[PDB]
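Below you'll find the structure, written out as structure tokens, and then a few comments.
Chain A corresponds to the first sequence line; subsequent lines are lettered B, C, and so forth. Throughout, chain A uses the PDB entry numbering, with the displayed residues spanning 1-99 in order. Sequence positions for chain B are given in the PDB entry numbering; the residues included correspond to 1-99, in order. Counting starts at 1 for both ligands and their atoms, in listed order. Because only heavy atoms are used, hydrogens play no part in the values below, and waters and symmetry mates are left out as well, while side chains stay in.
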Number of protein chains: 2
Amino acid sequence: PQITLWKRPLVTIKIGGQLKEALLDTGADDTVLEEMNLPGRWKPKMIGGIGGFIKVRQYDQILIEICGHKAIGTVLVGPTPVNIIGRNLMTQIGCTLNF
Amino acid sequence: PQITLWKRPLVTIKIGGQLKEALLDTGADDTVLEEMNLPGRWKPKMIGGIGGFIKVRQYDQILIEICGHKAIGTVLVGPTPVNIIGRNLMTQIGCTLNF
Ligand SMILES: CC(C)CN(C[C@@H](O)[C@H](Cc1ccccc1)NC(=O)O[C@H]1CO[C@H]2OCC[C@H]21)S(=O)(=O)c1ccc(N)cc1
């Protein structure tokens, strides 16, 4: 599909057996989701943006389905105010910017 | 152009007569540029990102060229970690997400 940017590009995702709404975010290197209880190993990470940094948990090789498109890769989890799909997974579903 | 997302979608912009590099950021409602001198009247504003809130100078109706495409809109100036082009200007240049 084609998503215009009049409004926030929020799409439905499926991860860890849950459906959520998340932002298709070309400005995010890596996906970061709001706090959730994922199983498995993780590593601490710090990610920075406007206002400074937050601490997150980095999970590797996590399956996410994004508007019916499957993807598997790094998913960070932490106190983000919004679920963010980053470039690391957007490349896997075929997402480009066009103008 | 069609821009893939295996690298950061950085583009050359022109604002106030000066060339800069900026990030096309579909997760940003607004355009936020690093500290710079800009002609025009401005108002003090606050904007929030992943790490908290920052003070910015809001310049209205600013001419800005993005990768050869002209826009006229709001530009926020402050201590952002990177020059980001938000949806307020990406809509003006006809930018969409496609997969
Ligand atoms: C500033 C960018 C280079 C990086 N950010 C992605 C960006 O899209 C965030 C994503 C975002 C979106 C909402 C809330 C927090 C973060 N947007 C943002 O800060 O936009 C602000 C300017 O316009 C306003 O609209 C939204 C917030 C304001 S980030 O959220 O900090 C980020 C950084 C690293 C990763 N791996 C993932 C996300």
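Drug at ligand 1 (options: osimertinib, darunavir, rentosertib): darunavir. By contact count, the main macromolecule holding darunavir here is known in the PDB entry as NL4-3 protease.
With heavy atoms closer than 4.0 Å, the chains neighbouring darunavir read A, B. The closest approach between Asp25(A) and darunavir falls below 4.0 Å for a heavy atom of the residue. The nearest heavy-atom contact from the protein to atom 38 (C) of darunavir is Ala28(A) CB, 3.6 Å. Here is the list of darunavir atoms found below 4.0 Å of a heavy atom in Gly49(A): 31 (O).
Nearest protein heavy-atom neighbour of atom 25 (O) of darunavir: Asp29(B) N, 2.8 Å.
Contact analysis puts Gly48(B) in contact with darunavir, with a non-hydrogen atom separation below 4.0 angstrom. Close N/O approach between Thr31(A) and darunavir is not found [any backbone or side-chain N/O within under 3.5 Å]. Where the criterion is an N or O separation shorter than 3.5 Å, residue side chain and backbone included, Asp30(B) meets it with respect to darunavir.
The closest approach between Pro81(A) and darunavir falls below 4.0 Å for a heavy atom of the residue. In terms of protein heavy-atom proximity, atom 3 (C) of darunavir is closest to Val82(B) CG1, 3.3 Å.
In terms of protein heavy atoms, atom 16 (C) of darunavir is closest to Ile50(B) N, 3.9 Å.
Atom 4 (C) of darunavir has as its closest protein heavy atom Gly27(A) O, 3.5 Å. Going by the entry, the organism behind chain B is Human immunodeficiency virus 1. The N/O atoms of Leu23(B), backbone and side chain alike, include none that comes under 3.5 Å of an N/O atom in darunavir. Residues with a heavy atom within 4.0 Å of darunavir: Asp25(A), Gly27(A), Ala28(A), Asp30(A), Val32(A), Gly48(A), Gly49(A), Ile50(A), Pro81(A), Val82(A), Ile84(A), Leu23(B), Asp25(B), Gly27(B), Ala28(B), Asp29(B), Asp30(B), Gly48(B), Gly49(B), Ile50(B), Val82(B).
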